[PDB]
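Here, posaconazole is shown bound to lanosterol 14-alpha-demethylase.
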Amino acid sequence: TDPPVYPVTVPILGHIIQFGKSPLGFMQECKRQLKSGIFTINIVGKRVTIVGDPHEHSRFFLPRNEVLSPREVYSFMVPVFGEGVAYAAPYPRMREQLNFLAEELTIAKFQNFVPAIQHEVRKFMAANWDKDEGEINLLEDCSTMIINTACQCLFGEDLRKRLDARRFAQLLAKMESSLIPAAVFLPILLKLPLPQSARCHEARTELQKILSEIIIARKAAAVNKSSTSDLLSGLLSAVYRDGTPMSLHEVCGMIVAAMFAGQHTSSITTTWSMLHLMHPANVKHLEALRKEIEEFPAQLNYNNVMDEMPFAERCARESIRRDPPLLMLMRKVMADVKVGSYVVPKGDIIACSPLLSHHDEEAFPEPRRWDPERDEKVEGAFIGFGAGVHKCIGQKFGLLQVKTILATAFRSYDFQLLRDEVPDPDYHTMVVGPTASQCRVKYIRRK
Amino acid sequence: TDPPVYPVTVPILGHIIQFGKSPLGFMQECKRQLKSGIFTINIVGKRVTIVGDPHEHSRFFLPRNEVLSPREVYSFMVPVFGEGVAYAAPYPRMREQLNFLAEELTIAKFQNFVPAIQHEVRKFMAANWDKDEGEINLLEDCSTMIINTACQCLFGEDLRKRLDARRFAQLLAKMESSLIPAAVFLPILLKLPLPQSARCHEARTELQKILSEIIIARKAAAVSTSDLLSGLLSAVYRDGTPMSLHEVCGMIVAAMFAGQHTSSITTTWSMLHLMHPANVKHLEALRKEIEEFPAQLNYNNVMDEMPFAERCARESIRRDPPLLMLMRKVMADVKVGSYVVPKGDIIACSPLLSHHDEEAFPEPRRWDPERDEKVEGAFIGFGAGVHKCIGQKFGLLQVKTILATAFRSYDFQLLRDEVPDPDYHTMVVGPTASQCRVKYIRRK
Ligand SMILES: CC[C@@H]([C@H](C)O)n1ncn(-c2ccc(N3CCN(c4ccc(OC[C@@H]5CO[C@@](Cn6cncn6)(c6ccc(F)cc6F)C5)cc4)CC3)cc2)c1=O
Ligand SMILES: CC[C@@H]([C@H](C)O)n1ncn(-c2ccc(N3CCN(c4ccc(OC[C@@H]5CO[C@@](Cn6cncn6)(c6ccc(F)cc6F)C5)cc4)CC3)cc2)c1=O
Ligand code: HEM
Ligand code: HEM
């Protein structure tokens, strides 16, 4: 009933090395060598059981927090969140907070988002992509466009007059760099007096100082009468099941969580999308994206992007499908849980790996081939946005952003990969994207 | 117009060594060799101007936050208050929060307290001081008594059905374990994971989970029973809005933290002085005062009708003040007598020092409850001015109920020649715990 452990060859470290050197190869190798889709690996002394069979995805995504907990495994994120916030808070309270954000990101809030986005893309374009052909780093540029377009959508004008996208990014970077992802396996690390923790602290107390100055100016305004909502006001008016409103630091915590969530996954999804579409091997697909946009006004609207872009959407999904930005979703097992024909014991870190599952040959024939036209051959094998009790809550907003960019970008430009092949993914980051140094691309305006 | 700085002779560290070795003696030595009550020391390179002349106290206490600020210096309190609460919030909002607590501790709320307190004290003595004679640590027992009474007064029955005094005391202890008082002088220490750093955060999230569950049960029955929690839940900031659970919680633990230590120390000192043979005269005085009351005390009895017990508690804080050194960051140049204290200095006024100026307090090391300040405003054991203590009433109400109930039924023998030495190594100073073994004798 215990799933097969893969033979340890390297004393205390376990497989931490041959994992990080090549996560996909190493997992595939495991799946084969143990003639089994469900297996256990060792990472610095900790048992990590991987649910690598797509037919078993529901055994990971559906059990409740009390059985499969995210708290313990995602605690290295307390820099982003703040100390008693998101996964660090009790489950009832965690749920309320994420629900408040979730309702702040529903399609019902997008009435004004497409123009917000389009404005910010064009403004980036007509300041950095403004020659008749130039050389840029595409990941970096998309990454900048996405932070700007996210702020424009979710921050009101009063907010952005004090805290523009450039300054939010800068603060966010300072907090982001405090993250030690190895802490999932070596929690001792979260106790080291590292100097990148002072920097994170300093940026958080600066973010809160500014938001507080904003809330005061908002309340002064509201007495002399009284209008226009955003992420902030929205959270600012959430009431918990108990009597009480959120505190500044929880409001702020959810804001930085929302923006960090979006910044990387969406950029990378955009970057990959465009790298794929620009590749000469996918002319047929580029052509299809162009036929899709062909009849659109210069100023797109809600319906253009939500309801009339199913081929750009497939492009995003497929990009995520082939090169998932989140490689391993994780939970600490709190009770023996059945999985396949196996029992996974209390104390195991249990993972489900979009990387591994999205390259299952039954589920996704020719996995390294990018093919928007495709569909999963096994039910619920695509888990790029997760599933279950912790489904991505920003999926729609993310894709709204990827699509609108693809739309605006390709309308006005072509691109040339300065390279024979699409970039190698770079697994050495917390959120995975194409290799930065390989993402230089020549833009070309359009006659 | 600068105050005179004491010669530095240990580079980097400054005077920290020679201050921590003897806070009082070092300070008086400066006060002497510069022939000045106002002077400047150096603590790990940070300027500290002590206002050590009781005549000039008001130049520390009266100015408002915007000139002499407590925020930067009392930041290190975050583990107790929570992020962005009390000393961590913007001035107005802090002021407001502390006014909400103030209103929860005024004399009006004390209607029920005395037979609650006295029930907890008696309950304690009937279980632990239960033989004709026995040995106990008096500091530990006073601490337990103070935690048990403060909870009985400030927490409803329903709250205490989830959290007894034992369990609250633990969680308070886990929060205080993350306090790093040296952070007054090394703020980096507030921005760093240290190994104790997580402890307060686990306790806090526990407490808040409990308060939330209690509140929900409180609102499920709401379709008497007023307490601290319901007080704060009903508070409305000067703008439209209420407190978050996080602030409410912060103010609750701030309150119990403040009261737990200072009151326990005050009681223990008081009982220690009163039990010493050299103070027999004063013990008889306290008994003549107590002898005139019923067995069952009331609000008026201990508040308005016990001026000698109150004198004993005050003279204890006078001799061995629990808070040695009160501080503010100087935000704008301030004149202090003759002398300008420059912007960016830490300005401090020390109750230890002032209560030992001979002009204000002759024979300062003698405990004499009969004495009075000979300089107006010299006693600052409870602070003064914009930040004067708001829990003083409640603190002394507990101390005095304990003194009356304790000496009515018991005598005590100090297992030692002398009143204990104060131990200056804790953040809220009390007598040395190991010197506090005492023998209780049940009377007639
Ligand atoms: C010397 C040896 C050396 C080499 C081997 O030589 N070496 N030494 C050490 N390592 C090493 C180092 C690190 C690792 N990683 C461990 C960390 N893992 C990881 C990744 C992502 C995670 O994300 C968690 C949440 C889920 O969703 C997000 C994101 N999101 C959702 N929507 C949009 N974004 C989310 C949720 C909610 C929110 F509100 C917000 C959010 F963002 C974040 C969690 C864990 C990857 C592997 C492995 C090995 C080595 O390689
Ligand atoms: C080397 C290993 C390390 C670790 C720790 O082992 N370590 N080892 C030793 N030291 C160490 C120890 C001490 C010092 N000094 C001692 C003098 N200082 C000091 C400053 C401010 C204080 O009080 C601030 C407020 C004022 O009022 C209170 C209290 N209150 C009001 N009413 C009733 N109580 C208040 C107010 C409002 C509320 F709502 C609540 C409250 F409580 C709290 C008190 C003392 C710090 C510097 C330096 C270093 C270490 O750091
Ligand atoms: C567009 C690319 C995105 C991808 C590929 C993505 C991916 C994911 C995945 C795989 C999960 C599962 C987490 C787990 O099981 O541990 C997740 C959850 C989550 N995502 Fe996303 N996400 C994206 C965009 C966004 C955006 C824009 C937001 C906006 C804030 C967001 C916020 C969240 C949150 C808060 C959760 C966790 C909710 C919970 O624990 O219930 N994501 N996302
Ligand atoms: C014998 C018992 C007590 C003593 C000896 C004492 C002493 C003091 C002192 C010296 C200050 C001045 C702080 C400064 O100037 O920096 C102060 C302030 C304060 N005390 Fe106490 N105190 C006692 C009891 C309490 C209790 C029981 C509470 C709450 C229940 C309390 C709450 C406060 C608060 C909230 C402040 C200052 C807030 C502000 O900055 O305005 N005290 N106390």
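Reminder, nothing fancy here: chain letters follow the sequence lines and each chain counts from 1. All ligand and atom numbering here is 1-based and tracks the order in the structure.
Tracing posaconazole through the model gives ligands 1 and 2. Under a 4.0 Å heavy-atom cut-off, the other chains found next to posaconazole (ligand 1) are A. The residue among A:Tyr427, A:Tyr87, A:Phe385 with a heavy atom at the shortest distance from atom 36 (C) of posaconazole (ligand 1) is A:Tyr87. Comparing heavy-atom distances from atom 27 (O) of posaconazole (ligand 1) across A:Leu326, A:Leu98, A:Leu189, A:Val432 singles out A:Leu326 as nearest. Short contacts between posaconazole (ligand 1) and A:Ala257, defined as distances under 4.0 Å to a heavy atom of the residue, involve ligand atoms 39 (F), 40 (C).
Atoms of posaconazole (ligand 1) found under 4.0 Å from any heavy atom of A:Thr265 (numbered from 1 in listed order, with element): 33 (C), 34 (N). The proximity of A:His264 to posaconazole (ligand 1), defined as any non-hydrogen pair under 4.0 Å, does not occur for either the backbone or the side chain.
Ranked by closest heavy atom to atom 35 (C) of posaconazole (ligand 1), the top entry among A:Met77, A:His15, A:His390, A:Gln263 is A:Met77.
Looking at A:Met330 against posaconazole (ligand 1), only its side chain comes within 4.0 Å, counting heavy atoms. For the residues A:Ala258, A:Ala261, A:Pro181, the heavy atom positioned nearest atom 17 (C) of posaconazole (ligand 1) is part of A:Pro181. Nearest-heavy-atom check against atom 39 (F) of posaconazole (ligand 1) across A:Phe81, A:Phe260, A:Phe76, A:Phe185 picks out A:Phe81. In A:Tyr74, the part holding a heavy atom less than 4.0 Å from any atom of posaconazole (ligand 1) is the side chain. Posaconazole (ligand 1) has A:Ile17 within reach: a non-hydrogen atom of the residue lies less than 4.0 Å from it. Using a non-hydrogen distance threshold of 4.0 Å, A:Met430 registers as a contact of posaconazole (ligand 1). Binding site of posaconazole (ligand 1) at 4.0 Å (heavy atoms): A:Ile16, A:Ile17, A:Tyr74, A:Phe76, A:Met77, A:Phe81, A:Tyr87, A:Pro181, A:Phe185, A:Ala257, A:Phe260, A:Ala261, A:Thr265, A:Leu326, A:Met330, A:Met430.
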